[PDB]
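Chains: lettered A, B, ... by order of sequence lines. Numbers in chain A come straight from the PDB entry, and the residues shown are 5-24, in order. All chain B residue numbers match the PDB entry; in order, they span 10-350. Just so you know, these numbers use all the heavy atoms, side chains as well, and skip hydrogens, waters and symmetry mates. Numbering of ligands and ligand atoms starts at 1, following listing order.
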Amino acid sequence: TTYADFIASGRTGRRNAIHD
Amino acid sequence: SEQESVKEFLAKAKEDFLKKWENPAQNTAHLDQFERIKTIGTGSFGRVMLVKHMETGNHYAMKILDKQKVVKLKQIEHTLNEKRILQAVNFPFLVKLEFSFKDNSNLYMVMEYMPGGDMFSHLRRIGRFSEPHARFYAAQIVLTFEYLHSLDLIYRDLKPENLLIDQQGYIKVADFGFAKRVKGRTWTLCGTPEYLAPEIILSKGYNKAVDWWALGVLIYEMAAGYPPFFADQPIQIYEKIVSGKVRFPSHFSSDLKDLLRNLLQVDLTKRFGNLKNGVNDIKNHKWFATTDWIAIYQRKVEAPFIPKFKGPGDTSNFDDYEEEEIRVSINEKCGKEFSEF
Ligand SMILES: O=S(=O)(c1cccc2cnccc12)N1CCCNCC1
């Protein structure tokens, strides 16, 4: 399932802003 | 009728903002007035600490920025934007800046403290919000963006991490590191990968419409429990964003889907919030038909969820972080670059 793929992904924690 | 009262509200709100914008408050406290209790977060840049103001016994969230670290990351102009905008604004779902000041080493921004934590913690933990629960929060962002954009402000970092939940269960937007007062276009690559509009990814030169795209991401994340575009690495997220495909859970109502296709619209002439009717294309949408906008602004609507009050200075709703000492050098760093702070 999509939920299962997200929860096993490396981006379920707090996400940092990006920049140049 | 309705729209002329909104107009009147916003004209008065602009006069208020302009006075503070052209004449910013400055040096309104000192570090020694605050007792440092605990680090409760990290933002786009810097760290945020629970503190207690001695003279009142009020608790506050103080953001500390190392001026030398800010210069190296080329955030000088963005941090001046951030403090100048936040001291000037005033709206119920914007966190209030109470004091700002600086010393030889750091910049400080002391804000009202929300012990309930952010939407991120609560969303991840419960998995996903119901549609009514999601619309309650979305409505607050829609009005806040209505307020900010009327002042020529773009926000540029919407995500659950930046939305604090107050003791009434309403939102405060809590990080302005990328906020900017611009009429017309701007070009800086900034924001968070999952939330970036395609025009940002493609180095294209953009406006306020990227905030409405980010709203679509937020609503989707709140109602699905995951973001519309996700992968293990940012570049894989950017490909999905630019592709122009999006897939919705089978549980999304047909109205939600139709709101979201109009917010996550790659075509800027077709993206809701951007068109001739601006924000009213969103506010008058069917997904929002149940929403009473004045009752939301006034905080009369019953919140879906109210964080557990364990005290004025309780920190159990935030994670634990590494405690760095505040070191104030005996020499002034970066005086000229930050003189207006
Ligand atoms: O610690 S915070 O930075 C923070 C910033 C500004 C004001 C705050 C007020 N109360 C709590 C936390 C606050 N925060 C927690 C998650 C990280 N993103 C922003 C919200």
I'm curious - which drug did they put at ligand 1?
fasudil
Mind checking something for me? Which chain has more close contacts with fasudil than the rest, going by the PDB entry?
cAMP-dependent protein kinase, alpha-catalytic subunit
Could you check which other chains have a non-hydrogen atom under 4.0 Å from fasudil?
A, B
Which residues are in the binding site of fasudil, using 4.0 Å as the heavy-atom cut-off?
A/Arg18, B/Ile49, B/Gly50, B/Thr51, B/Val57, B/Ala70, B/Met120, B/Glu121, B/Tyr122, B/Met123, B/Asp127, B/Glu170, B/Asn171, B/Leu173, B/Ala183, B/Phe327
Quick test: of every protein heavy atom, which one is nearest to atom 7 (C) of fasudil, and how far off is it to 0.1 Å?
B/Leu173 CD1, 3.7 Å
Help me out: what does this PDB entry name chain A?
cAMP-dependent protein kinase inhibitor alpha
Judging by distance only, is a nitrogen or oxygen of B/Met123 under 3.5 angstrom from one on fasudil?
yes
Enumerate the atoms of fasudil whose separation from the nearest heavy atom of B/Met120 is less than 4.0 angstrom.
6 (C)
With heavy-atom distances below 4.0 Å as the criterion, list the atoms of fasudil near B/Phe327.
11 (C), 12 (C)
Who's the nearest protein heavy-atom neighbour of atom 5 (C) of fasudil, and how far?
B/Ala183 O, 3.6 Å
For A/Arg18, counting its heavy atoms only, list the atoms of fasudil lying under 4.0 Å from any of them.
16 (C)
Using a strict cut-off of 4.0 Å, indicate which atoms of fasudil neighbour a heavy atom of B/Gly50.
1 (O)
Do any nitrogen or oxygen atoms of B/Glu170 come within less than 3.5 Å of a nitrogen or oxygen of fasudil?
yes
Please tabulate, line by line, the atom pairs linking an N/O of fasudil to a protein N/O at a distance below 3.5 Å, with the distance in Å to 0.1, or answer 'none'.
{"residue": "fasudil", "atom": "10 (N)", "partner": "B/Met123", "partner atom": "N", "Å": "2.9"}
{"residue": "fasudil", "atom": "18 (N)", "partner": "B/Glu170", "partner atom": "O", "Å": "2.7"}

